[PDB]
A.B. asks: 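Have a look at the structure that comes next, please.
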Amino acid sequence: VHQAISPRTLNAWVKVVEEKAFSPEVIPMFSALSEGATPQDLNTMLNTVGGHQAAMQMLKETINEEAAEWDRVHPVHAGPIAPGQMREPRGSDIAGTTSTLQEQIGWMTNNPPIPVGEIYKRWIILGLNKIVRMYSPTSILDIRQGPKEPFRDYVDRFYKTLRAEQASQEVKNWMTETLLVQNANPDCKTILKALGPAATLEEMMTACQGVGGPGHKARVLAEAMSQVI
Amino acid sequence: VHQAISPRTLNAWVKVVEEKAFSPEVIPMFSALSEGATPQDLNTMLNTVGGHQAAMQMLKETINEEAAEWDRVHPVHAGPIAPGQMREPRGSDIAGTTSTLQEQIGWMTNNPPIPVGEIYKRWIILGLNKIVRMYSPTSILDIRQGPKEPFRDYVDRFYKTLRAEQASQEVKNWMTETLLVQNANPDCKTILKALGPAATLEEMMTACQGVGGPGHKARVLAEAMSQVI
Amino acid sequence: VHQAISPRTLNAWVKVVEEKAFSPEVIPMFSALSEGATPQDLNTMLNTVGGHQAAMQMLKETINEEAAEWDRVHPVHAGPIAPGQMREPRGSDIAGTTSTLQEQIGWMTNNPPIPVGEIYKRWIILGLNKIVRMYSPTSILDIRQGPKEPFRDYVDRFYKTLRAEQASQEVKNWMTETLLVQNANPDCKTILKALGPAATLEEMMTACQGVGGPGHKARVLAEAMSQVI
Amino acid sequence: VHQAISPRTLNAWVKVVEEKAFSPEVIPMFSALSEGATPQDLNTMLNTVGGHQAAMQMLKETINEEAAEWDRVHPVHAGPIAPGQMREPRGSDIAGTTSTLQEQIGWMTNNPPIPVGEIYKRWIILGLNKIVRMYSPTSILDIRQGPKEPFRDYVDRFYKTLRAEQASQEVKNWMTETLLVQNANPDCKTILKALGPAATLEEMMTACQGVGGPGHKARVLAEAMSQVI
Amino acid sequence: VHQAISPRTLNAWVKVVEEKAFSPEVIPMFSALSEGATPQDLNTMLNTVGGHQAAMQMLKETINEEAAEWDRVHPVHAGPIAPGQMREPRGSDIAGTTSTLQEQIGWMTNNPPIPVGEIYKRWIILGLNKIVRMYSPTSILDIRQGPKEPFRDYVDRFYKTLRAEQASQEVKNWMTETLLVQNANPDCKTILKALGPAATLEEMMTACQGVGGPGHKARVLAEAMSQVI
Ligand SMILES: CC(C)(C#Cc1ccc(-c2ccc(Cl)c3c(NS(C)(=O)=O)nn(CC(F)(F)F)c23)c([C@H](Cc2cc(F)cc(F)c2)NC(=O)Cn2nc(C(F)(F)F)c3c2C(F)(F)[C@@H]2C[C@H]32)n1)S(C)(=O)=O
Ligand SMILES: CC(C)(C#Cc1ccc(-c2ccc(Cl)c3c(NS(C)(=O)=O)nn(CC(F)(F)F)c23)c([C@H](Cc2cc(F)cc(F)c2)NC(=O)Cn2nc(C(F)(F)F)c3c2C(F)(F)[C@@H]2C[C@H]32)n1)S(C)(=O)=O
Ligand SMILES: CC(C)(C#Cc1ccc(-c2ccc(Cl)c3c(NS(C)(=O)=O)nn(CC(F)(F)F)c23)c([C@H](Cc2cc(F)cc(F)c2)NC(=O)Cn2nc(C(F)(F)F)c3c2C(F)(F)[C@@H]2C[C@H]32)n1)S(C)(=O)=O
Ligand SMILES: CC(C)(C#Cc1ccc(-c2ccc(Cl)c3c(NS(C)(=O)=O)nn(CC(F)(F)F)c23)c([C@H](Cc2cc(F)cc(F)c2)NC(=O)Cn2nc(C(F)(F)F)c3c2C(F)(F)[C@@H]2C[C@H]32)n1)S(C)(=O)=O
Ligand SMILES: CC(C)(C#Cc1ccc(-c2ccc(Cl)c3c(NS(C)(=O)=O)nn(CC(F)(F)F)c23)c([C@H](Cc2cc(F)cc(F)c2)NC(=O)Cn2nc(C(F)(F)F)c3c2C(F)(F)[C@@H]2C[C@H]32)n1)S(C)(=O)=O
């Protein structure tokens, strides 16, 4: 077909999902970056998304449900296929799983043509709509230690989201240098500030190990009552 | 047709038209959800827009104007229509007013195919383009009583806007109780605050109907003169 | 025809109507950019004028009345058309509404030739003459709030003019930051100045909501009599 | 063709470029305005972009590289062309440079059809995408004079940007009145404010011809030391 | 081909480029994910590198020089090609520019086989090796303002690097919030910290417009001498 994706379109789509993540702007750009492409190019563009595993899982669920709807609307004709004709597509074929490049190209160049690529394109674009409406990406700045949460658990969440985040290694080191102490519970923040800027992660952790325990609660209560008295 | 509308796309279009009102980002979504849809499906999508009657009227005017332009571009050809072929569309025929689903299907799957859905799509896209460019939905946040506006007239305008506003009943009552008094000029706001928080609407109107009259002007003039005397 | 508009001429016309607006200097440029062009190209240039809707409505009225005058001068001959010959153009055909590219080209290359493009050019250029003489574009700097006008109405007028005005978005933001406060009458101007430079639009509108009311009039009268006393 | 652009699509596209400049908002609208339009109409739409010549150059570079890719994937046909069929398109033909309207219509209506318009639309979409990512239009608000920039060079840059600006003439004069003195560096701004608002441009340049010379530096240094002593 | 890449390999390679950027870990992964892959699949994997334009340019230069070497060592076949066999590959064909998928499949299935995919993989390996040794990605952490650099140029470079950065929008906003003032030179940093955290970018640029001018140098020199005296 003459409407296959060029290398520039693939790189543009990759950059689009990189900078714009899954903002609404990803919907029109995709809507123009895969017009007339056979479904395998659409699958290639769907595969080029790095990260956002949950979002693409919702996308896959949407595509599967719409393939089921497609199969519901068009019943499968239980009859022998004429040598001149070829089998009608099913929802999986529109998705591209059970259909090869040759079958898709033949479908889009039939008389009358079946616009398999465009149908899969609509399914994908409304899955993208669902992603934009519901999915919210996890950001390191959204990771703040709770009021009664242990510092080990907060550090585990911080590092899990940092690894899941898409960023450079150097900027990730800067993030774990700054936000780890920045977005911390006030009780742990007092200990972290008292430790000093040269304290390592292990030292900070054994310092906040005692927070929330009976000894720390007794100490802070004693400080409060000394301020009162 | 293989690109017929499906419940998921219709629900998604409804959700984007209610959630996003007529923000510019409604142009991509529509342009991605009606791709390949028959004009009947376009009309079905257009009917589900609740509220925004003014914008809907602008959109209908744009459709009619573009259909007139289409009819002027494509002149009517006389003579008997060939039985193998079928009669050519007009502007209203594209619009679906005088064309049934069978006629639209025949147009979209003929040789050569007349893409009635795509021309419809362009006309509708122009309609929403004008809607977003010019039309601004009336919001209860903007209903504020003018300096000389009677309190009764302001209450009537506020209630009309509330009736036209799309929102749940509970949040509508909350918006009433929190914005009818707040969004008033100081001349009425002072009286309303002096009235007390536990004031019914009838008491509100009765107390504030005296503003702007000779008595209220004389009282406020005397109060102002008290400071200078 | 050899005298169709090149892309550079179209861009030059767009720039002319952009920077020069509808100043008289637009008349000579249109007098030269479109010379010998068939009416289709003339309409194409007449379509790239963003904004100035009222001006082009006057221009359309001029063209329609000149088509009527042209029909008045040359009566329509009620007779069969010779197969070698072709129908003479009516008033609308010179404007290109009832005539396509082929008929316009044939008219412009007849024996004797009918200079349809030049006749339409004369009609259009007199339309621009009327636009230059009478039409005055709405400018933001012409938006000044009246002595006894509510601030909400002034804001509505200011923002309507801002939306209708052509400019960059950053320029529009700077203009609504400066001129909105700058172009208010003494009462609203002193209220805005007392509010402060960081006050939001809602705060300014709330403060000016009371201007012109009985309370504000009593307060300013009290201030004046205190200055007297 | 059935999907030829009507006047209102062209005018709406012109307005889109005028107001939205090259924000991402231009990508969907364009893709929704040229749906099914022949690449001749695509060139017609692209020509009406007033200003932003750098962005148009980037777009033309995109179209050239996409045409190169199209010629790369599609090999040049060899041997005599079948009289029933006609010559295969090339990248320049998709871009509309070499192909005429008749050839493009023949491609669109061929069996099987070659979607020249959609391919060219995707190429222009890629160009617009890189424009919105990278290209940043020059704005008068961003013209600020460097600490060591001579006032003459600052004025030259300011006026060049103002001439390149899309805004109207009267608002351009207003911009000259306010921003030119507002955006000067403190050394020039002190002199300009000492001159008074009545000073003309020539007087202002005369008074800021000396900022950076031995006399001015000596004078400011002496003033600072005298304030110290 | 049997060893055609699967969606998981493409996604894994994309993620490898996203996280590891261009580190020594890229060479092993690329050497194992694209094992036995058709050079068309190699090109698909190469197109997915979002950003790193300079590195990709270096890689393509390496591929071009390797193709030149391949054409140098392998002479061009002369005379007619045997119908049973097929034409020999060239350097561009190994690079995948001129070869089609069918040609590469025939090369790999030929007896004896021509391992086009492995040769292309080695060429890309050389390119990646040069990238990891020499190319260094631009990071906002490494953007700092020179001692004599005006704040406007620093801000422009900072924002250009930020736009080129691979990160999410909220993280980029956080970078703008902190690193823009953190990495300024002390002369600008003193003014920026005296401004306060509430200062906007425009206010910061206005305050720092004067550093390096005669007034600012005189003021700092006077302050230093007064501290001496
Ligand atoms: C060879 C080639 C031409 C191809 C192809 C190719 C072929 C088919 C499919 C596929 C398409 C549609 C359905 Cl409906 C199913 C299905 N239906 S089902 C009953 O649920 O199993 N299964 N498949 C797997 C099948 F068919 F192979 F079995 C599919 C894919 C999808 C494209 C896709 C990616 C995506 F992200 C979200 C989607 F909605 C669709 N990519 C995958 O599936 C692999 N994937 N999945 C997920 C997840 F689940 F998290 F969303 C993730 C990936 C990931 F990319 F790694 C990325 C991290 C995320 N690509 S090429 C050059 O591009 O590599
Ligand atoms: C069978 C079926 C599939 C169908 C169909 C169907 C068929 C035709 C039309 C129609 C279309 C185009 C023209 Cl050009 C005319 C016309 N030309 S004219 C000279 O102006 O009168 N007349 N019609 C009436 C006709 F049909 F009699 F011809 C039309 C509609 C429109 C679709 C539409 C809705 C819309 F909002 C805005 C539009 F631009 C277009 N919807 C209506 O018309 C009813 N409507 N109108 C308006 C208003 F005016 F306020 F915008 C409103 C409605 C509303 F939906 F109630 C909603 C509150 C708003 N739908 S279904 C869904 O029923 O199952
Ligand atoms: C397809 C193509 C070849 C063509 C054509 C084409 C064909 C005809 C016409 C037209 C010409 C003459 C008459 Cl006498 C009438 C008519 N007489 S009547 C009894 O009153 O209805 N009707 N028409 C509509 C018709 F013919 F379609 F029916 C016309 C136009 C005009 C050209 C024009 C533009 C203009 F600004 C002012 C004019 F005086 C004339 N443009 C429009 O009409 C659309 N327009 N109108 C107005 C308004 F009214 F506000 F001024 C506005 C537009 C706008 F551009 F959007 C812009 C905002 C302003 N273009 S192409 C490649 O160029 O796109
Ligand atoms: C007659 C008609 C049917 C037609 C046509 C017509 C035909 C072809 C082309 C064209 C198309 C594709 C390529 Cl790939 C090249 C090419 N490739 S190349 C190797 O560089 O020479 N050259 N062309 C010139 C060609 F064909 F004449 F040779 C083209 C244009 C473009 C449309 C276009 C405009 C644009 F802005 C950006 C684009 F990407 C494409 N318009 C121009 O290019 C003229 N232009 N250029 C530039 C600049 F350089 F700044 F970007 C500028 C203009 C401008 F519009 F003035 C504006 C200020 C900016 N229109 S009609 C009724 O519509 O007028
Ligand atoms: C159809 C398909 C199967 C295919 C294919 C396909 C075919 C060929 C090529 C190609 C291969 C080898 C050479 Cl030696 C040249 C050449 N030699 S030359 C004398 O320099 O012109 N030219 N080409 C362009 C050609 F072939 F079109 F002519 C090539 C590519 C490359 C793959 C590649 C990308 C890359 F980044 C670095 C590489 F080393 C190789 N992709 C491009 O080159 C496009 N690109 N370029 C650059 C730049 F240069 F800026 F770094 C950039 C891109 C980008 F990806 F956008 C990304 C931002 C960076 N892909 S599919 C489904 O995958 O799309």
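Just so it is clear: chains get the letters A, B, ... in the order the sequence lines come, proteins before strands, and each one is counted from 1. Only part shown; contacts counted inside that part. Reckoned from all heavy atoms, side chains included, excluding hydrogens, waters and symmetry mates. When the header is checked for method, it gives electron microscopy, 3.1 Å. When a ligand or atom number is given, it counts from 1 through the structure's own listing order.
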A.B. asks: The drug at ligand 5: which of lenacapavir, digitoxin, tacrolimus is it?
C.D. replies: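 Of those, it's lenacapavir.
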A.B. asks: Of all chains in the model, which has more heavy-atom pairs under 4.5 Å to lenacapavir (ligand 5) than the rest, named as the PDB entry has it?
C.D. replies: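 The largest share of contacts goes to Gag.
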A.B. asks: Which other chains have one or more heavy atoms under 4.0 Å from any atom of lenacapavir (ligand 5)?
C.D. replies: A, D, E
A.B. asks: Provide the organism that the deposit lists for chain E.
C.D. replies: Human immunodeficiency virus type 1 (NEW YORK-5 ISOLATE)
A.B. asks: Tabulate residues with any non-hydrogen atom nearer than 4.0 Å to lenacapavir (ligand 5).
C.D. replies: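 Residues with a heavy atom in range: A:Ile5, A:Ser6, A:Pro7, A:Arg8, A:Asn11, D:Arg72, E:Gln40, E:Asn43, E:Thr44, E:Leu46, E:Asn47, E:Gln53, E:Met56, E:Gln57, E:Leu59, E:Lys60, E:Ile63, E:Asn64, E:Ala95, E:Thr97, E:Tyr120.
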